[PDB]
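Shown next, in structure tokens, is the structure this report addresses.
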Amino acid sequence: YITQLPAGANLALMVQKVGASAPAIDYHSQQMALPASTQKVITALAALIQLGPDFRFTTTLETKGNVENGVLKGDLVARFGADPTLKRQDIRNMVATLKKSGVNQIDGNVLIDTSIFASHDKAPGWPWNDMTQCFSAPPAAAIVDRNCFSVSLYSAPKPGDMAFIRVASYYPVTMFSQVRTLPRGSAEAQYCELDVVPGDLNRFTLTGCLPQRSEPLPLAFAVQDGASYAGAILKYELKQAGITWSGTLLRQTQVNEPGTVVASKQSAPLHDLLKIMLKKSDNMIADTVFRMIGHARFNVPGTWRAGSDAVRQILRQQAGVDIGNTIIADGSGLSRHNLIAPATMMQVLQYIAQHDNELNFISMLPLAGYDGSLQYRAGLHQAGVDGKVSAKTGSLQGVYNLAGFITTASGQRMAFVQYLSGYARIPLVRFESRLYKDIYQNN
Ligand SMILES: *C(=O)[C@H]([C@H](C)O)[C@@H]1N=C(C(=O)O)[C@H]([C@H]2CCCO2)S1
């Protein structure tokens, strides 16, 4: 049909009027595919059902013990809550509030409490090589400024001398350079890589080669140990506010009764965060939300497995969607383990459309011609459907997925799932132009 794009590519496609019993287009709709960021559609629905639009992430400073003459006889607890939007200034402000409450001194330990979550901060099936990139920063219980920092790498004046790293003193990381500066001619330039090697306690070593360059190379990396990073920031703010402590910084991972909350920060409401997540394909909001869903549903520390089980259960029991053999490994779609058929994603989209007056969901999706990842998508623009499609992209090396809704020329809303992979821009554009033009004009 319209099928003629590259032969190496795999298309599974389903298009169906909202509320109809049969699809208008059905091409290999039962075939399971990698959803990439369209996984976020499922995460958003399950989140709204389990947590509600008004859920907020919460971070607190708590005291366990008596305060005598400005001395806490006991521990300060910083209880992190996986808030993906927490900033350095929020820590500073909670510390200011702690001081204001009359605590000048802690005769005890400072505990960094991450007990909200347990097990690894990285989902099964995430590629190891992207773990130092900010887009794949481990979505830990302890996040400050997205657990991303930047660094400037300078080549040495003398070839053979070590390239050197500048980093802002406000990042509690430890950088080492083993990078050799190459002369502009070097035979080494072709196959000598420039690499980052993370170590314990937020140490990073840069290795390999860098050709002489006139300006520094800017680099941004993901924090691997969020609890230590957040601890170091808290320790700095305590010291600056003149609060001393006699113990040490310790991680608290086991569930425990809360102390007296002396300071707190709540995120924006979940509906607002889910909107950012869908409009910008924000992996960190997606994946903090995902482990939070499991924690909320089962009253256990949030893990990837509990998140997966909970989302499956929510879809089946609340949304009437049995996802069968679907694999849900995370919230963002980062995992190469995620596997779902258009027919299953369609049941999710139909539920959303049928309940949209309740969920206010469709307004959160990128709107073609306006925003999100659809501000300008050549295929949709050329199909004449700007303003008519609200959809989530899933875009990877060779993957061009779209999942969402289109209003046709006759005013009917059709749901659609386009799972297209192994693509290797003209052919995609020609395919989407034709396909969406057809859907819009002929329905
Ligand atoms: C969704 O398909 C992916 C996630 C990571 O699986 C997200 N969306 C993209 C995009 O191209 O829209 C993201 C880009 C931003 C920088 C590199 O990844 S990740």
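Note that chain A is numbered according to the PDB entry, with residues 26-449, 459-477 shown in order. All ligand and atom numbering here is 1-based and tracks the order in the structure. Heavy atoms only: backbone and side chains are in, while hydrogens, waters and symmetry mates are out. How was it done? The header gives X-ray crystallography, 1.7 Å.
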According to the PDB entry, what is the name of the macromolecule sharing the most 4.5 Å contacts with ligand 1? Penicillin-binding protein 4
Name the drug or drug candidate found at ligand 1. faropenem (bound form)
Under-4.0 Å protein heavy-atom contact, atom 14 (C) of faropenem (bound form): no
Within the structure, is a non-hydrogen atom of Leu421 found at a distance of less than 4.0 Å from faropenem (bound form)? no
Can you confirm, on distance only, whether faropenem (bound form) has an N/O atom lying under 3.5 Å from any N/O atom belonging to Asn308? no
Closest protein heavy atom to atom 16 (C) of faropenem (bound form), given as residue, atom name and distance to 0.1 Å: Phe160 CB, 4.4 Å
Give yes if a backbone or side-chain nitrogen or oxygen of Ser62 is under 3.5 Å from a nitrogen or oxygen of faropenem (bound form), and no if not. yes
Which of the faropenem (bound form) atoms, numbered from 1, are nearer than 4.0 Å to a heavy atom of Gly358: 6 (O)
With the threshold set at under 4.0 angstrom, would you say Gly419 reaches faropenem (bound form) through any of its heavy atoms? yes
Would a 4.0 Å cut-off, counted as strictly less than, catch a protein heavy atom around atom 3 (C) of faropenem (bound form)? yes
Closest protein heavy atom to atom 9 (C) of faropenem (bound form), given as residue, atom name and distance to 0.1 Å: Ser420 O, 4.4 Å
Where faropenem (bound form) meets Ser306 - atom numbers and elements under 4.0 angstrom, heavy-atom basis: 1 (C), 7 (C), 8 (N)
